[PDB]
Peer 1: 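First the structure, which I've put down as structure tokens, then a few questions once you've had a look.
Sequence lines set the chain letters: A, B, ... in the order given, protein chains first and strands last, and positions in each chain run from 1. Whatever order the structure lists them in is the order used to number ligands and atoms, beginning at 1.
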Amino acid sequence: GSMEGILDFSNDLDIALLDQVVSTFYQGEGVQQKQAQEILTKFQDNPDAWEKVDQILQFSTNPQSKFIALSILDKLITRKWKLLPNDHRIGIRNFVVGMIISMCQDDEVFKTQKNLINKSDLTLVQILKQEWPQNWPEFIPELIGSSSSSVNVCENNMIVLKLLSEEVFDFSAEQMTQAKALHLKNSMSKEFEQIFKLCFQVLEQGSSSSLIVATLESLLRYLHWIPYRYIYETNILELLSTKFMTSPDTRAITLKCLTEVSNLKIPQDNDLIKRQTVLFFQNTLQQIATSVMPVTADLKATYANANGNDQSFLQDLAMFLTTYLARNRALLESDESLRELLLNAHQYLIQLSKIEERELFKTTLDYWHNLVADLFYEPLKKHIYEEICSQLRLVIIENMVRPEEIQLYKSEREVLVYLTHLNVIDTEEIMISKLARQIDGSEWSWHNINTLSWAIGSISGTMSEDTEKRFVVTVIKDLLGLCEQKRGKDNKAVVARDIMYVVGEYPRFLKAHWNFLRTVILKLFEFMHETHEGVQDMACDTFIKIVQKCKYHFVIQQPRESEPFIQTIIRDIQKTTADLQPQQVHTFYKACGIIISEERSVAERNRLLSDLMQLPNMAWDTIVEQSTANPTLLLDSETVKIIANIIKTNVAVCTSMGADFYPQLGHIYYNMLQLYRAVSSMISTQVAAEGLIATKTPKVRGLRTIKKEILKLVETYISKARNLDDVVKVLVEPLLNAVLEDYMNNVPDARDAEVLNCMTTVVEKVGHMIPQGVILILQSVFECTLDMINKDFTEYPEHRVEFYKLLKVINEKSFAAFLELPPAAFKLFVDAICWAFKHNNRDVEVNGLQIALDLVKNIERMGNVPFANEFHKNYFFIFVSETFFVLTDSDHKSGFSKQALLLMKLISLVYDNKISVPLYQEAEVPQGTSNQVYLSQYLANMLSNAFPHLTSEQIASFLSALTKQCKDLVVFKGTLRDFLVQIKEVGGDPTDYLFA
Amino acid sequence: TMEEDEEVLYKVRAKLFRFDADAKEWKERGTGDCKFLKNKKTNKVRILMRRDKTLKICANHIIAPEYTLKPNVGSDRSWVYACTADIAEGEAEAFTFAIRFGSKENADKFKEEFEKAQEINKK
Amino acid sequence: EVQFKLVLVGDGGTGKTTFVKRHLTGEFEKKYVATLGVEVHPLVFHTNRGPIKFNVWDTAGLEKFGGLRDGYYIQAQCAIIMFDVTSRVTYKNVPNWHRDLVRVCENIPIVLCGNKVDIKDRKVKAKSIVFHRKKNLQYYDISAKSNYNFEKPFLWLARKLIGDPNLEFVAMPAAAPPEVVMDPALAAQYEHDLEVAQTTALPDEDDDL
Ligand SMILES: COc1cc(C(=O)NS(=O)(=O)c2ccccc2C)ccc1Cc1cn(C)c2ccc(NC(=O)OC3CCCC3)cc12
Ligand SMILES: Nc1nc2c(ncn2[C@@H]2O[C@H](COP(=O)(O)OP(=O)(O)OP(=O)(O)O)[C@@H](O)[C@H]2O)c(=O)[nH]1
Ligand SMILES: [Cl-]
Ligand SMILES: [Cl-]
Ligand SMILES: [Cl-]
Ligand SMILES: [Cl-]
Ligand SMILES: [Mg+2]
Ligand code: NA
């Protein structure tokens, strides 16, 4: 209806209508809300909308309207301000200041319209960034003066100064040129003496808590940059650590201030300052103990209860204690009069560490890691913390997570290891007594036996072998007794899993006790017949874990055995693995592969490998025979599954054996590649008969799984091969004949991206030895893959990634293959590289930029010959402009570093005169002209057309800086970032590019 | 919950999809425990399916005797059927559902149980 | 029933809209269609304390589609800041989103969510993620795709807004479903529709479910 009226600028603005649109957006629903939304967005983005702001701010009764008005004004101020005549800029500045003071002098508005005041204050700060101090030298004197006139104005002035400090020191890095950031920082620094005097007077004179809070909020920001003397050489440390900690209104902000105080840069060789640092800590902790809670308080309970701002307060306390102590605890450690303070502070941290809050726990854990690492190394310090450390052992053990949570488990483990070293007896006692509480039922639960088991596992290798032996026996006895005790398969399986877990984490014990190791393995084999969920997986997981650690014990003849145990495992493998799922079987064969690779006699290794692969090889032989006798039999769902599982078993064993796998690969290689062809035929046939939908069917997916596992097997072997001559002589040619034409001659939807991945490994490992093979790879995959991925950025995401990985390695190892391309195809190669630059997908973009870099390097290497000169004449400017596009378009920020590196290379080539021919074509410039002069001219023209709001002076200064800095990446990057700031506004200072 | 009056005949982990016809694509509706619930008053068997995490209802309809489980071209562990009145999102609506399981065995068992329920519902 | 305005902010492509849609309908949208300005949807959870409604303001992360920007934050009662653990830039920008948000909403519960933890090659490591600590934000690793910690942001905000630390999500009640008769007139209609559905493959046939 009427709502679209506000978009008609040919008429004057109906404020009552704007207020309705705004109301409908903020308070309305469904269709109405959505329409109002679109209307407001178009209003706001109208480039003349700013002209309407004055009108809206005066005549609107809707504070949300005024908010959006200030948004519009902010766009003008940050982007187009310097276009305005001085008179207009002063007009706007005065209007904004006037509106702020007016809203502050009205108590009702000040109380109820905080949103609009804060937005106004931010708008003022955007003006200061443009105007101050050069065009507004009196701003700070006037603000200071206006502060005494009213408590509301004074309070609001603290919000302005806070926002200013944030914009200049905290968020300037990305939003201003280096020169402008330095200018504003020096300006604030120069006037800070006066600003501090005001803040200090307010904090001393007191009274209004809202004023005091706003003042401390600004101080928090000041502490990021001000010199220490403003804190240490005034009374302010005392005020923060006494007065402001006692009242709860000021306590949260004060704690955060004192945390930052604890991070100030401070003289290290000064006893007065050391005493002051001690004193503010003592004062803060005394105020906590007397006004908030004693050292004994149950912070776990308090946090859980979540009353008022208790959670935030306790978080902030943890941050303050850990920050201060990590820097200053040595100040507290040698003076006997500070011992109680030191231990009380750490006791608070023990209590905070018991809170059930993952992220808070991690904060305290980082501190505990710092402390116990110190006590491990620092002489005469561990005895101080004995009782702290004892409590901490219990906290860590009760909070141990599964090793799957890698960072947190790692952190916890390291703390427990250090603590175990500091007192092995205390650790053992705590673990044994926690175990006893599992056995007596008082703390029994799955979670609790699990967490205890993870804790017990985590300290493997910390005790002496003798102590560990007694400990491990005690633990396994106790868990075994626990297992007997428990009734029902659920309970028994939980404990049995925990037994398996603990045993797997103590290889040193297994390695010393062959009798026990054998029993464990045989028990694991028994468990591989238990269908109760989780048991078979843990049995298999434990088996391979033990094998990874104790493999040598399976390959030697243990005394009182008739043979190496690997022989025993292999002999019984059918029976052992009969009830396992395919993936579990694969883990089993992988584990056996680990063992067999320990056998360094070749004949014996090859015989073991032969014996291990017996059942897969016999299944394979029967299938290959029957399958080739009758190509029909491959249509059978069940055969396809058997075949896939045979190939997967080969992959699993090749994964653990690498180079040692070759004789097995040799047994299957030729028939495996025949199967690849036969399966490929069926897939082709099925897609013809049924359509692209065929590729979704279980049968065709089964067939493709066979192809992908074959490629995975070959990739796995080649990636670990030692005999590259055999790879080239025996493997490569059949592989290329089997896979390349099939890839090329399938429709896009039937092409396997795994082919590209396999070829990448081939080029990586033996590319230098197969120059004709690399050419054949490019001819087969290059144009047809590019055509799949050059219509948009989304289709065929795996092909996309693998394609640029392949081109990267070819460009690294066999650049000669790109020299052999016809001009038109070489052009497609350059097109492909620039296409990768334009990707948002980071895998592609990064490979794209690296290929470009490497390609420039490869051309440079050729020296002064026709191909190199033709490359530069044809492509130098394409690379320079394509690189500038992705640098400046704001849609490719993750690639900034590599874009900069590339641009620096390209500019340095011309600055060093390393390009032999003119880059300009005849009759375009005086014929003697240097490439440096022409590059300057071309970039000036290119940037002028792309960014017409820049002055000639801005562009010329930028380019001058760029070319002078093309041997200094960090400075060059600074210049690029300065340019990215300047293109987002009008009237950027050209002298900014002289920054030093 | 309003499930206290009902016996649990069959339970199985499943992912449920509804066919959007506007765009010719399947859209997930939920993942979690699919349950066949026999009302102890009426002896009527319904499918009730709740999402993991939120326990919100993604399926709630009678196992009508006239429904037929059909294979999907893409899967050996899924069924598709028309449902004329599902009340997961309040208002009874018609949907083309697809339900997928962890295995062919689960899918075949489901089919067996669905037919048993259809027979129960015929009384 | 009590309702709370929730604003969702973070870089383009981090998973904001995907996360909300999954919560609304159960669907996982694989395509990236950049939000234009804001999308507003009601989202209800059933709790032991009764139903809680979030008015979800799912804002645009891309500068060019930003619309009203901080104008969307007015009268927000809670927020989620989202980034992508596979994209370092998205975490680098978390302080920028937080800055803009708290200047408008000074005293609200906020969850920081690292999305896409299902992806194996994680680029923002756990050890790097510390920004929430001094800002008193809750943090969760999440995946809109795997549903890892899917409900955690809303459960935590619900506890904060209701002021009850033992608030639980409960099973929404399940009414007896109606019997209907098959319409003889729509018999041919359903044959067609079922034909098309059967011959359209289900997505992600390699997943566990
Ligand atoms: C090799 O003597 C065993 C080994 C095992 C064994 O390996 N068990 S298990 O695979 O982990 C497992 C997991 C879940 C359920 C069931 C089982 C069996 C079991 C029993 C025994 C006999 C036994 C009975 N008592 C009450 C015990 C108390 C402690 C230990 N310690 C141990 O003698 O160590 C070594 C020291 C010198 C050589 C052996 C053993 C035992
Ligand atoms: N792997 C993975 N992908 C995800 C996940 N969540 C979302 N995505 C995908 O990542 C993209 C995120 O898209 P959106 O949710 O629209 O992103 P957005 O944050 O709303 O973006 P803007 O609206 O532009 O701010 C889509 O392609 C999603 O399918 C996740 O948990 N894991
Ligand atoms: Cl300075
Ligand atoms: Cl120290
Ligand atoms: Cl050894
Ligand atoms: Cl999914
Ligand atoms: Mg979005
Ligand atoms: Na105006």
Peer 1: Identify the main binding partner of ligand 1 here and report its name as listed in the PDB entry.
Peer 2: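 The largest share of contacts goes to CRM1 isoform 1.
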Peer 1: Look up the drug at ligand 1 and give its PDB name.
Peer 2: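 Answer: zafirlukast.
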Peer 1: I'm curious which other chains are hanging around zafirlukast with a heavy atom under 4.0 Å away - can you tell me?
Peer 2: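 Under 4.0 Å by non-hydrogen atoms: A.
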Peer 1: Is it true that A/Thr519 lies under 4.0 Å from zafirlukast, counting heavy atoms only?
Peer 2: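 Judged by the 4.0 Å heavy-atom criterion, A/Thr519 does count as contacting zafirlukast.
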Peer 1: In terms of residue, atom name and distance, what is the protein heavy atom nearest to atom 37 (C) of zafirlukast?
Peer 2: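 Checking every protein heavy atom, the shortest distance to atom 37 (C) of zafirlukast gives A/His513 ND1, 4.1 Å.
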Peer 1: Among all protein heavy atoms in this structure, tell me which lies nearest to atom 1 (C) of zafirlukast, with the distance rounded to 0.1 Å.
Peer 2: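 Its nearest protein heavy-atom neighbour is A/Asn515 OD1, 4.0 Å.
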Peer 1: Is atom 40 (C) of zafirlukast less than 4.0 angstrom from some protein heavy atom?
Peer 2: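 Within 4.0 Å of atom 40 (C) of zafirlukast, no protein heavy atoms are found.
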Peer 1: What is the source organism the PDB records for chain A?
Peer 2: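 Per the PDB entry, it is Saccharomyces cerevisiae.
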Peer 1: Which protein heavy atom lies closest to atom 15 (C) of zafirlukast, and at what distance to 0.1 Å?
Peer 2: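 Closest protein heavy atom to atom 15 (C) of zafirlukast: A/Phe527 CZ, 3.9 Å.
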Peer 1: Among all protein heavy atoms in this structure, tell me which lies nearest to atom 13 (C) of zafirlukast, with the distance rounded to 0.1 Å.
Peer 2: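 Among all protein heavy atoms, the one nearest atom 13 (C) of zafirlukast is A/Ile499 CG2, 3.5 Å.
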Peer 1: Tell me which protein heavy atom sits closest to atom 19 (C) of zafirlukast, plus the residue, atom name and distance to 0.1 Å.
Peer 2: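 Of the protein heavy atoms, A/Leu480 CD1, 3.9 Å lies nearest.
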Peer 1: Look up atom 26 (C) of zafirlukast and tell me if a protein heavy atom lies less than 4.0 Å from it?
Peer 2: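 Neighbour list for atom 26 (C) of zafirlukast is empty of protein heavy atoms (cut-off 4.0 Å).
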Peer 1: Within the protein, is there a heavy atom lying under 4.0 Å from atom 21 (C) of zafirlukast?
Peer 2: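 No.
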Peer 1: Return a yes/no value: protein heavy atom under 4.0 Å from atom 3 (C) of zafirlukast?
Peer 2: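 Under 4.0 Å from atom 3 (C) of zafirlukast, zero protein heavy atoms found.
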Peer 1: Is any heavy atom of the protein nearer than 4.0 Å to atom 7 (O) of zafirlukast?
Peer 2: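 True for atom 7 (O) of zafirlukast.
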Peer 1: Can a protein heavy atom be found under 4.0 Å away from atom 30 (C) of zafirlukast?
Peer 2: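 Given the 4.0 Å cut-off, atom 30 (C) of zafirlukast does not count as touching protein heavy atoms.
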Peer 1: For atom 33 (O) of zafirlukast, what is the closest protein heavy atom, and at what distance to 0.1 Å?
Peer 2: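 The closest heavy atom on the protein side is A/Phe516 CD1, 4.6 Å.
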Peer 1: Considering only the protein, which heavy-atom contact is closest to atom 10 (O) of zafirlukast, and what is its distance?
Peer 2: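 In this structure, atom 10 (O) of zafirlukast has A/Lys523 CB, 3.4 Å as its nearest protein heavy atom.
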Peer 1: Name the closest protein heavy atom to atom 28 (C) of zafirlukast, giving the residue it belongs to and the distance to 0.1 Å.
Peer 2: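 Going by distance alone, atom 28 (C) of zafirlukast is nearest to A/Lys477 CG, 3.2 Å.
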Peer 1: Write out the binding site of zafirlukast as chain and residue number, heavy atoms closer than 4.0 Å.
Peer 2: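 By heavy-atom distance, that gives A/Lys477, A/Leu480, A/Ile499, A/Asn515, A/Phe516, A/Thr519, A/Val520, A/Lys523, A/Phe527.
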